[PDB]
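Residues take their numbers from the sequence shown, with the count starting at 1. Just so you know, ligand 1 is whichever comes first in the structure, and atom 1 is the first atom listed for that ligand.
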Amino acid sequence: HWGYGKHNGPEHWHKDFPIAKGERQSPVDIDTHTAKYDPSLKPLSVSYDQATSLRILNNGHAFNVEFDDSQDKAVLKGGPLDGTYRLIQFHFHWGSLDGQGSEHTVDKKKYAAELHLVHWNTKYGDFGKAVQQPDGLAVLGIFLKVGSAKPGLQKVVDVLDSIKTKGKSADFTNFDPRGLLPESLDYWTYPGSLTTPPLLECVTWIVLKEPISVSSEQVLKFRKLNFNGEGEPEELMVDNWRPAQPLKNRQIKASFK
Ligand SMILES: CC1(C)O[C@@H]2[C@@H](CO[C@@]3(COS(N)(=O)=O)OC(C)(C)O[C@@H]23)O1
Ligand SMILES: [Zn+2]
């Protein structure tokens, strides 16, 4: 099945998932001098006070921190969004080295990693229905650079030893995702897709301008994770990012000048 290696990676995905070459694929390079400032965009509203985290899972591609999405406990609204989008999970993509790892790029710059907070449009009732709709998901993307430690990330880093291999999960309750955000909510936005198979074209991308800083020790612990399952030969979980895809017939809007 699919992965990020030479024989099953992004270059191969189109065979099982021909949408890989479709009209609104993600990620993309954000050319900052082509994006259009849109003064009509309302501020982003990130409401995570009642967020209820549940469990963390190594899924053999990255790791998911899952949330209780049975009520409007943690929602994203405003910006380019119509209505209410409920937080369901977050995960990251990262590199083998600090100079690569992000999925989106900014003027061709690759960050060390990228955080994705995934939300679904409540008008569609559940996540599985939402992914079948052109406005089904909103994914909030945040770049990571290596510098000072991110205190709000440490609880995540601390638990990775217990989910080293594919299929392993651990209890991950009472985690506050607000600790993962930068100060500024300035953003770029464009219509795109899931960046992994089945690559469904259901995502409003909201990518924050301001990266968060994480320490070298924090990112190093991400890179000790394994793609393989327990007892199998070790394949380090690194470079689990899809490269930039053609922008095609799309416009990236900016919340800021
Ligand atoms: C851990 C990783 C890489 O991300 C998880 C899961 C399956 O892929 C995802 C990708 O979400 S994304 N990158 O489009 O926000 O698609 C969903 C189903 C949203 O879950 C995401 O594997
Ligand atoms: Zn992702």
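Within 4.5 Å of ligand 1, most heavy-atom pairs belong to the chain that UniProt identifies as Carbonic anhydrase 2. From the options azumolene, thiamphenicol, succinylcholine, topiramate, sertraline, the one located at ligand 1 is topiramate.
Short contacts between topiramate and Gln89, defined as distances under 4.0 Å to a heavy atom of the residue, involve ligand atoms 5 (C), 20 (O), 21 (C). The closest protein non-hydrogen atom to atom 6 (C) of topiramate is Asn59 ND2, 3.3 Å. Within a heavy-atom distance under 4.0 Å, topiramate reaches the following UniProt substrate-binding residues of chain A: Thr195, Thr196. Residues of chain A contacting topiramate are concentrated in UniProt domain Alpha-carbonic anhydrase. At the top of the distance list for atom 13 (N) of topiramate, counting protein heavy atoms only, stands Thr195 OG1, 2.7 Å. Heavy-atom distances show that, of the Zn(2+)-binding residues UniProt gives for chain A, the following lie under 4.0 Å from topiramate: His91, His93, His116. Under a 4.0 Å heavy-atom criterion, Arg242 is not in contact with topiramate. Using a 4.0 Å cut-off to heavy atoms of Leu194, the atoms of topiramate that qualify are 14 (O). At distances under 4.0 Å from topiramate, the other ligands and ions found are ligand 2 (zinc ion). Ranking the protein heavy atoms by distance from atom 1 (C) of topiramate puts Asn64 ND2, 3.2 Å first.
Of the protein's non-hydrogen atoms, the one nearest atom 8 (O) of topiramate is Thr196 OG1, 2.7 Å. Atoms of topiramate found under 4.0 Å from any heavy atom of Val118, numbered from 1 in the order shown, are 15 (O), 19 (C).
In chain A, the UniProt-annotated active-site residue lying closest to topiramate, at the minimum heavy-atom distance rounded to 1 Å, is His61, 4 Å. Ranking the protein heavy atoms by distance from atom 15 (O) of topiramate puts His91 CE1, 3.3 Å first.
The protein heavy atom nearest to atom 18 (C) of topiramate is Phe127 CZ, 3.8 Å. Heavy atoms under 4.0 Å from topiramate belong to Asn59, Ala62, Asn64, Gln89, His91, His93, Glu103, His116, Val118, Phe127, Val139, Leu194, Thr195, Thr196, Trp205.
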